[PDB]
*Asks:* 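Got a structure here, written out as structure tokens. Questions coming.
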Amino acid sequence: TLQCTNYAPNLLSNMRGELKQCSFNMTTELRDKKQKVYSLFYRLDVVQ
Amino acid sequence: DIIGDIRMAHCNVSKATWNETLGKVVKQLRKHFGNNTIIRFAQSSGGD
Amino acid sequence: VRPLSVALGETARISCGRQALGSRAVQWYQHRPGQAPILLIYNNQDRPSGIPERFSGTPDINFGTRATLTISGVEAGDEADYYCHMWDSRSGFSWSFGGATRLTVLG
Amino acid sequence: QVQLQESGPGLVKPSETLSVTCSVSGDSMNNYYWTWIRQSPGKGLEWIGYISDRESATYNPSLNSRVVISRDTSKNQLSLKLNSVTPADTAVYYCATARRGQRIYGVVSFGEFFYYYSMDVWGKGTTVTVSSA
Ligand SMILES: *[C@@H]1O[C@H](CO)[C@@H](O[C@@H]2O[C@H](CO)[C@@H](O[C@@H]3O[C@H](CO[C@H]4O[C@H](CO)[C@@H](O)[C@H](O)[C@@H]4O)[C@@H](O)[C@H](O[C@H]4O[C@H](CO)[C@@H](O)[C@H](O)[C@@H]4O[C@H]4O[C@H](CO)[C@@H](O)[C@H](O)[C@@H]4O)[C@@H]3O)[C@H](O)[C@H]2NC(C)=O)[C@H](O)[C@H]1NC(C)=O
Ligand SMILES: *[C@@H]1O[C@H](CO)[C@@H](O[C@@H]2O[C@H](CO)[C@@H](O)[C@H](O)[C@H]2NC(C)=O)[C@H](O)[C@H]1NC(C)=O
Ligand SMILES: *[C@@H]1O[C@H](CO)[C@@H](O)[C@H](O)[C@H]1NC(C)=O
Ligand SMILES: *[C@@H]1O[C@H](CO)[C@@H](O)[C@H](O)[C@H]1NC(C)=O
Ligand SMILES: *[C@@H]1O[C@H](CO)[C@@H](O)[C@H](O)[C@H]1NC(C)=O
């Protein structure tokens, strides 16, 4: 599950609805430890 | 992330030589449809 | 509100503490206490008529540099507080000005 | 050439209406944009709002829309109105003009630009204080 919001707010150009900034968890090499990460995605690959 | 300026990817094409190319290809196309028939181009229809 | 002190004669280099991000387009004002604010530099290179050629900012080419104001030939009246009004492409419409850097010439 | 001169009541008790005008002399207000500046002691400068030929009273959202912009081209004046005022706004006010410059940095067909306002001609300013006593 991705917790995610819009990146680059209050922008008045054409490119607004793209560039969402999400955050998720992911396992590391130790299977008992987990990891937090920040990343970006375009609009056409995420769905609420 | 983004270092710099949010922009939008695009493509250019030289205007005059594209028009001349379309004017050439419609001259070759008229050999199957008499001399005077209205030829019109249009956008795509649908699909993915 | 922050101070700075430069002795007589030599140059002085002031830069505003807001981190610029994008294409820069800044202004520099000057406000003596009690008097009226005057403009010094607009559009990072230009200059209105009536200002001597001892005031020079930074040309905004090849992104990655800090905007700063350099003055040369300092004198006694150069005591007023300065301002770095800032505009970019990303941060949208601004409203504030920022903290004034107080110049205190000595000699 | 544009010259500025102010007019204010000076000493008004709080929870009232504060109206301060600036007089425009020398030229008209056909293309010039008009702003207002507040300078309170114990802090830096502060910018209030502006207006243009389309008469957009655009306000600072840190001011709770307690102020009203008023222009007059029939008799060449500008007017402020301040409603539901505080005792904590004793400050010299300023009526200065501003021009609009654009800066385009990508393509023009995508709206890939922004606007900036530069304030070149300034007023001498007048002091207006509020006091419960
Ligand atoms: C596909 O085809 C499109 C066709 O539209 C093409 O778009 C063009 O893209 C370029 C790249 O962004 C745009 O170029 C900009 O041009 C403006 C124009 O300003 C002056 O220039 C001309 C004459 O040169 C005048 O006619 C005009 O009225 C203006 O006087 C420039 O302002 C831009 O440069 C500034 O910003 C850059 C980034 O910040 C800086 O690198 C640059 O140096 C300038 O910054 C500062 O430089 C000056 C140096 O002294 C300084 O004094 C200034 O104050 C300034 O702040 C930028 O070059 C162009 O406008 C687009 N065309 C249109 C119609 O919009 C695509 O590039 C093309 N793509 C491909 C891949 O082919
Ligand atoms: C990472 O997984 C954790 C595991 O549930 C998620 O958040 C936790 O939520 C509980 C209850 O709200 C908190 O007490 C924990 O502190 C949270 N932990 C973390 C690491 O956030 C969380 O949704 C996941 N993180 C992301 C970014 O997806
Ligand atoms: C496209 O890029 C080439 C790269 O060599 C350049 O010569 C040309 O002027 C550009 N523009 C057009 C319209 O072909
Ligand atoms: C395209 O090229 C023709 C040349 O046959 C010219 O007459 C015309 O003005 C050009 N432009 C358009 C939009 O048809
Ligand atoms: C169309 O017109 C051309 C004019 O050069 C003529 O030679 C040709 O025979 C015509 N074709 C038809 C199918 O009418």
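The sequence lines fix the lettering, A, B, ..., with proteins before strands; numbering per chain opens at 1. Part of the entry, not all of it, is on display, and contacts are counted within that displayed part. As a basis for the values below, the full set of heavy atoms in this structure was taken, side chains included, without hydrogen atoms, waters or symmetry mates.
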*Asks:* Out of GC1008, 10-1074, GC1102, which is the molecule at chains C and D?
*Replies:*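 It's 10-1074.
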*Asks:* Tell me which other chains have a heavy atom under 4.5 Å from 10-1074 (chains C and D).
*Replies:*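 By heavy-atom distance, the answer is A, B.
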*Asks:* OK, cut-off of 4.5 Å. Which chain of 10-1074 (chains C and D) has the most heavy-atom pairs with chain B?
*Replies:* chain C
*Asks:* Any idea what organism chain B is from, going by the entry?
*Replies:*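 The organism in the entry is Human immunodeficiency virus 1.
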